[PDB]
> 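My questions all concern the structure below.
Order of the sequence lines fixes the chain letters, A, B, ..., with proteins taken first and strands second; residue numbering starts at 1 for each chain. Because only heavy atoms are used, hydrogens play no part in the values below, and waters and symmetry mates are left out as well, while side chains stay in. Both ligands and their constituent atoms are indexed starting at 1 by order of listing. Quick check of the header: X-ray crystallography, 3.5 Å.
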Amino acid sequence: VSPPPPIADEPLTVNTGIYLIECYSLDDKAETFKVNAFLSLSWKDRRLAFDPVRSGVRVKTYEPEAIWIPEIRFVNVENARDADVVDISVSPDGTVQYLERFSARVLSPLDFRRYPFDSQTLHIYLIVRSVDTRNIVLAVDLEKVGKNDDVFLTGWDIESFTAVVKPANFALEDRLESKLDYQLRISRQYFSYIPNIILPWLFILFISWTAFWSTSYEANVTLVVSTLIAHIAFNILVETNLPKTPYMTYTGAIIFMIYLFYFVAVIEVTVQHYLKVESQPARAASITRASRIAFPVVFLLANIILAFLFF
Amino acid sequence: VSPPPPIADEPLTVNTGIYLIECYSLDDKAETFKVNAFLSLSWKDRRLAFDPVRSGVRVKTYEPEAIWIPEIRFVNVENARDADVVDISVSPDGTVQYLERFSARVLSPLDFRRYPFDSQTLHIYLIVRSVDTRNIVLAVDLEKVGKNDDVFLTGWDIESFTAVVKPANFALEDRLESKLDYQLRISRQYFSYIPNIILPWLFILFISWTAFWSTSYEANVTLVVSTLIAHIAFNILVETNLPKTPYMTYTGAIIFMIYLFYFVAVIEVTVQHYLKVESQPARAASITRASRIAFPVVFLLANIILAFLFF
Amino acid sequence: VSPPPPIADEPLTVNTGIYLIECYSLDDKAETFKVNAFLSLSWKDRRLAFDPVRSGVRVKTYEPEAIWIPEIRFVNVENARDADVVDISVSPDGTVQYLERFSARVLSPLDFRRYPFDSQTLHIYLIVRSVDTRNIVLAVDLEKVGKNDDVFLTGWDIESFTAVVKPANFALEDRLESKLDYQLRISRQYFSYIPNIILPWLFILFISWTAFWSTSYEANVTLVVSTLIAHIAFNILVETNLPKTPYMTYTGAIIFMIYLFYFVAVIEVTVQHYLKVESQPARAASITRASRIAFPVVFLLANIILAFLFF
Amino acid sequence: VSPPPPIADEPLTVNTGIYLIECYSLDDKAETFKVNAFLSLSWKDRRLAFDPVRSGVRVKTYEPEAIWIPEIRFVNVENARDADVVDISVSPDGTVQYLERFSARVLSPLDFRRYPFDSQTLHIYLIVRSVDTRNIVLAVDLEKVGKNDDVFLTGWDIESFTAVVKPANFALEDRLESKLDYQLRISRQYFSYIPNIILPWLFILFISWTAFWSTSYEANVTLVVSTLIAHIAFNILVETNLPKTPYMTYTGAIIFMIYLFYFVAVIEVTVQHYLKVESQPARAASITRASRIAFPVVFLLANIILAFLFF
Amino acid sequence: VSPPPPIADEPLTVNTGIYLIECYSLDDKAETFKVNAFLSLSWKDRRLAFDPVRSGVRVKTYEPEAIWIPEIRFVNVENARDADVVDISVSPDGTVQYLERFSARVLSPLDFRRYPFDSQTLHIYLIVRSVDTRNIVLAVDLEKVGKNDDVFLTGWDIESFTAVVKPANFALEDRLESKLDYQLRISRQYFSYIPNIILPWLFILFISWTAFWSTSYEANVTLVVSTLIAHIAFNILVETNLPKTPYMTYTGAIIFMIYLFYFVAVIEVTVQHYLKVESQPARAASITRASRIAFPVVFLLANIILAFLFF
Ligand SMILES: CC(C)c1cccc(C(C)C)c1O
Ligand SMILES: CC(C)c1cccc(C(C)C)c1O
Ligand SMILES: CC(C)c1cccc(C(C)C)c1O
Ligand SMILES: CC(C)c1cccc(C(C)C)c1O
Ligand SMILES: [Cl-]
Ligand SMILES: [Cl-]
Ligand SMILES: [Cl-]
Ligand SMILES: [Cl-]
Ligand SMILES: [Cl-]
Ligand SMILES: [Cl-]
Ligand SMILES: [Cl-]
Ligand code: NA
Ligand code: NA
Ligand code: NA
Ligand code: NA
Ligand code: NA
Ligand code: NA
């Protein structure tokens, strides 16, 4: 077996097509997602052409080893796909219709800048190295590109599974390579985040702000310090499900901002007490009365400023 | 090897049948379950038919490679099943009786809306792509569908393992596909949840409500704040064993409701103290006396409201 | 290759024998254990019989593919065993002596009712599906059943590795199956549990009971509440190493009982303070003086009651 | 292929030799370590002997399948080694020189009695089951036993990789087996343990002992109780990296001893307060003044007693 | 198949070349990184010479099994690489051009001394054992050494992927070995570390230092002790992502230094209170006033001293 000879000096076009059957295990920290899909391939091999009237049969079936099949690989994969050949059908003109069912862990980076309101574009790159005899070029057969209705990615909404029709043909190690981009657009389901993380956080922060309606230093310390323990607990819980980004994220910004609001609250609590011990509660109550309005107002404005900057 | 030619122009019926040997590893967060089972297949291949009189033997055994076997796959699987062919027996009329023993991690979504008092219907989808020569249609042989008595799924009660007799025949990538549904009904064992999680929770919440029989702000802060740490501990413990649902769960609802009861308790504790410092304990004791009855009554009613909305 | 023809109509007896080489990875939560062992098999195949005088050799060696070997499988396994054929020796009478070295993760349920003073009986089920030609029946060759002396299962004491000599012959999917039970009795090493978990727990509980020799509500709250945080820490630590049981466990019972002792201690602390504020320390000191004796006495008796009910 | 016939009735000696290339993943809890090494084997097969003059070549290379190779296995392995045959060279006298490169997870128990100042002797057991024709006996070729200089086991110092020259020849299932011991001596790098675990622990314990220079029960409770939370945190951190030992460990002993020092400190704090409330601070200050010296002195002596008993 | 005979008595030069396609999963604790790359190999096999006029092709293709291919292995790998042969092209002179696509988890040690401002040099060692017929020597073909632009290692900046052109030819087990070094230089992205870890637990440390503007022992204990709980939380979080180093790390040094600052702060708080109780607040306030300046100044200087010693 060797590649099919060219009629003129034109390159061999291979008609790709990925159809998602199962989409699962999107690891955010690892920036990986598992996929079980159908891989369709089609090319013209004139050596396999036959007369349908004399042969009697309209379509001829072949075993993978019997005929020449292009060596198609995935770029962004951890290991080589677990492929199972479904069918190889040859038309009278010599057009081969290959179909396999594969499974592979795909390495696709994620942008956590707008987390957990973020949307992602997952990539699946198909590639083919051109042989010495002739050059191989990939093509998208839009009829054979899609996903099944049941396909569910836990905690995400699957928008579209499209493919960049024009391949990126480039030189690599003195040989031509044709690369195709399969884009899977997904948007995060941010419902759960509000009653489970966002609201209980705010509640623990508001509990700290009750120290503005108290003159008891001992109780204020117990309030602001203990609520900070709850803050650390919640901060650790989030950053464990997120990778170390060289960029600032929307959550990371708020997370950091709350740490400042706790530090400044401690300073307030410390100042309030220092003045009361120094016998000037007129100054202490005026600062505390200001902080009653200041802390939520500045927090509300700073959040608007952040949400802007990020959205 | 090629498919058996049709008498007439009727499609090939393949008689399926799954018999569960082992059912284990139900990952709730991953929405997967592992299964070790028997897969029975039966079809008529007239090319394999023989006369039992001259042959001598009533049955004829074959190696998988020797005869045509339909390419049967599972839809909702992570990877291709680890199958081991047990037996291939051919009757004189040409009826093939295939039997294999497989193991596969099955991707079946779970509805956590009524967790941990929830029940689930696990699915196992059998599929076959129809060849060019003739169309392949799946069928359920109810005699060969079941589970062994020992089959145990830790923390669950196995109700029934049935199969939707009528296959879902549809078109996919210009070829017919016959899909069968194997339903495994299971209900959660919610015993452990009461003494381990539900009761100790309530106890830590009741401990926070002892602040209604105390006028000591320092002790009340220490009461309501520290019990909130215990609440956060138990909240994190539950939501780690559950995936991020776009829908509200029965547990999630109570979990959120307790966070409110803690926030309102802090407001009470703050108000009670503010009035005492402002020299009006008549107002403070009246609010505290009301909260002694209010907090459990509202909590008891709100739980009935939630349980009614979910069950 | 086909099964050996039966003299008269008797079933084929296959002489099994498992010899444990390595026993490791007992996952309590998963109810699984890994095993590396020897699997011996012996049957009479009269077609392989020879004369030792003319052949010169007393024993004839064969490759697995060359002769008929019975399809022996394990029932309670996650996946098919990783077997390596050690030796196949044939005697002049046609008696085949098969020996393989395998490794498989065995699914054996555990009874945590008496944890950590519990003992377990691990099972390894050998099975053989009877062919059309003749019925296959398993048998135990007690000479080839055992374990090596070095075999160590971390945190457990290996009592005995025996086998139920009489197989459980039953019908399944219109074919006979012969099932054998290999029992591995193990008892837990409960030393570590006393100084690491049992005693430090008791210490944190006794620390809470020092609130019976104190009239300071602020200090009593700090005592009983903070020690409850330590209790939650230790409770979480244990239930993470144990699966969700539909039955009550010995540990789970004590775990729950301590939660009650903490709740009742809070009620005492609350009552004591309420009476002191209400100006009646005669009633408060009398209740506290009673609780000094009551709490350890009731705890000691309730533990005897539990230990009696469980052992 | 069959074993080489004996000249006289002597057993076949196979010259073993393990050369470590990579040594990694020492799991303390699992009592396993991974190894990537060279396995050399040498035996005399007179059937393969040739004349170097007539043949023209002084050495003959063979494919594994072409010649008889002894079935060498590892005793203490999870699964069969991932071997790759490097070279098979035959000398004119029939001496075969086999060399393979393998990788296997080795099951070697560890003695945690002196942890983290403990040293371990890791074992790699080579075995061969004697065939019918003749008995196979293993031998150490010390020239082919070693490790590469780069070989690094994270957190350990590799002392020596030696082999017990005399094999342990024994009977098993009526056949002789020759077992060889390959010992890898390693000692723990206990540096990190001092500034990371040992010193911060002591610091949190000394912080608890500041309650001996205070008469404030409320502050003393806050001191001894909160520092106990830090103790529990640090105790859990260590015992998670260590398996459940039926024997007492050096760390476990100290860990338990500190729990007692916390319990006794609480009793002191409780007694001190009881006497002050009972109006006798002369008795309370005398006990507290004694405890200032008693606690560190008894702790320092008890540690010397333990270190002696263990080292 | 055997090695190609030498023209004169020169060794066989094999032209290596690694081209990284995917670089992922850098486990810091395990000191491993996964890589998906192209492995190019080129050697002259004069036996494979052909006349393109007679052959009909200028470049002849071969299956791996058909021709002699050098046994190239990786030194620092966990297991044998998952290789897939892309192309084998032979020119009329007999120059073989081998290309495979592999994936392997590479064992490369990391120096955590300057963590997280540390840079690393990852190694990939190619090796070939010389056969008895002739010696094999590796060579770098710099044209076929590189990485793709998309190659992303999460949390790291990929500097350069170079190769030490001169191989390390040495003797091992009486045979020559040619070893090549492939160096992948990477530097850590230390941005995330500042707002997520560095700043929040400078904030928790400063919160403890507010005890210098307070004379309330009860509040000071609650301050310094509770902030120490936050410190322990943050210490455990870091050392879990780092392996046990026999050397001191930059982070480990600061981590330890903060533990001292907490211990000394407790001593201050204890001394301050002892003098107040002993009726000498002039001495107590003077020490506290000094500590207000002392603690940040000493901390700032000690950090400069550490940063100088490490960088
Ligand atoms: C991860 C998620 C639950 C989360 C927590 C805290 C804050 C935010 C936003 C609102 C900034 C958030 O997205
Ligand atoms: C999921 C489970 C552990 C749980 C947590 C919280 C509340 C409930 C019910 C009782 C409302 C619950 O069952
Ligand atoms: C799980 C383990 C640490 C444990 C905790 C509590 C009680 C017990 C026995 C005595 C029932 C126990 O072994
Ligand atoms: C591990 C990392 C987040 C970290 C913790 C604490 C201190 C430092 C530097 C500032 C020394 C640090 O880099
Ligand atoms: Cl691929
Ligand atoms: Cl499948
Ligand atoms: Cl099996
Ligand atoms: Cl092995
Ligand atoms: Cl013996
Ligand atoms: Cl023998
Ligand atoms: Cl390799
Ligand atoms: Na082919
Ligand atoms: Na077939
Ligand atoms: Na066979
Ligand atoms: Na061989
Ligand atoms: Na080859
Ligand atoms: Na407190």
> What does the PDB call the drug placed at ligand 3?
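At ligand 3, it's propofol.
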> Please name the chain that forms the largest contact set with propofol (ligand 3), as given in the PDB entry.
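Main partner, per contacts: Proton-gated ion channel.
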> Can you give me the letters of other chains with a heavy atom under 4.0 Å from propofol (ligand 3)?
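Based on heavy atoms, that gives C.
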> Could you pull out the residues near propofol (ligand 3) at 4.0 Å? Heavy atoms only, by chain and number.
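Counting heavy atoms, the site comprises C:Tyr115, C:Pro116, C:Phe117, C:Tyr193, C:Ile197, C:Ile198, C:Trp201, C:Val238, C:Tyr250, C:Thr251, C:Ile254.
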> TM segments of chain C, numbered as in UniProt from the N terminus: which have a heavy atom under 4.0 Å from propofol (ligand 3)?
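UniProt TM segments close enough by heavy atom: 1, 2, 3.
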> Could you tell me which organism the entry lists for chain C?
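By the entry, the source is Gloeobacter violaceus PCC 7421.
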